[PDB]
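The next block holds one structure in the form of structure tokens; read it before the comments.
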Amino acid sequence: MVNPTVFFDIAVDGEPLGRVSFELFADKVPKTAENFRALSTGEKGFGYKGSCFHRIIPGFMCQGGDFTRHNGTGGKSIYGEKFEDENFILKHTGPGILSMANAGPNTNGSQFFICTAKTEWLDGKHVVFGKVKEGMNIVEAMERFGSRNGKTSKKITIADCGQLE
Amino acid sequence: XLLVXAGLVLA
């Protein structure tokens with residue numbers, strides 16, 4: 001299977017900022033990639049469209065994917081409330097890495113983070129499943145609205161999302 | 001610290 005590509009159209013307080021696209025590593029983690037893909041297309045009747053990045057730490061990562069509570073306490077997977085760590089074949093190698101947020105082992109939901117740095121200390125604890133293809137500059141632009149404690153100065157939003165290929 | 005967690009955010 002060819003690795004699928006998804007896009008996020010980002011908005012800052014409603015104003016369009018730009019598009020970020022991701023390659024999803026379905027050749028390593030097909031279940032984890034499939035969950036993110038479907039949530040990006042909304043094909044199950046729910047997903048990332050209109051959701052926010054609740055926690056952004058400059059020099060670290062942008063966290064989003066909580067489309068039910070919008071604060072880190074919510075979201076769900078297409079398989080149910082949570083699913084297992086598929087594997088840890090892939091590592092947090094640098095900026096642009098796409099990885100699953102969790103609340104400890106085997107609690108993957110819908111929450112994810114886009115790395116803006118190498119996050120090696122997270123290897124083996126968080127399932128890496130994708131990488132930014134185009135629009136890393138948009139991620140960099142998103143980053144400036146975060147803070148050391150994660151709170152964002154403006155509402156950073158996924159205005160639209162879907163699958164490109 | 002620098003974690004990415006869902007619910008209980010730690011240092």
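Residue numbers start from 1 in every chain, and the chains themselves are labelled A, B, ... in the order their sequence lines are given, proteins ahead of strands. Any non-standard residue is listed as the amino acid it derives from, or simply as X, and atoms beyond the parent's set are excluded from contacts. Side chains are part of it too, since the values below use all heavy atoms of this structure and drop only hydrogens, waters and symmetry mates.
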Review point. Main binding partner of chain B in this structure, as named by UniProt?
Key: Peptidyl-prolyl cis-trans isomerase A, N-terminally processed
Review point. How do the PDB entries name the drug found at chain B?
Key: voclosporin
Exercise for review: Report all residues and nucleotides of other chains within 4.5 Å of voclosporin (non-hydrogen atoms).
Suggested key: A:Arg55, A:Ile57, A:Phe60, A:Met61, A:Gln63, A:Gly72, A:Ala101, A:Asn102, A:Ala103, A:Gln111, A:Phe113, A:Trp121, A:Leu122, A:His126, A:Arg148
Review point. Which residues of voclosporin are close to chain A, taking heavy atoms under 4.5 Å as close?
Key: B:Unk1, B:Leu2, B:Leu3, B:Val4, B:Unk5, B:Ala6, B:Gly7, B:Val9
Check your understanding: What UniProt domain of chain A accounts for the bulk of residues touching voclosporin?
Key -> PPIase cyclophilin-type
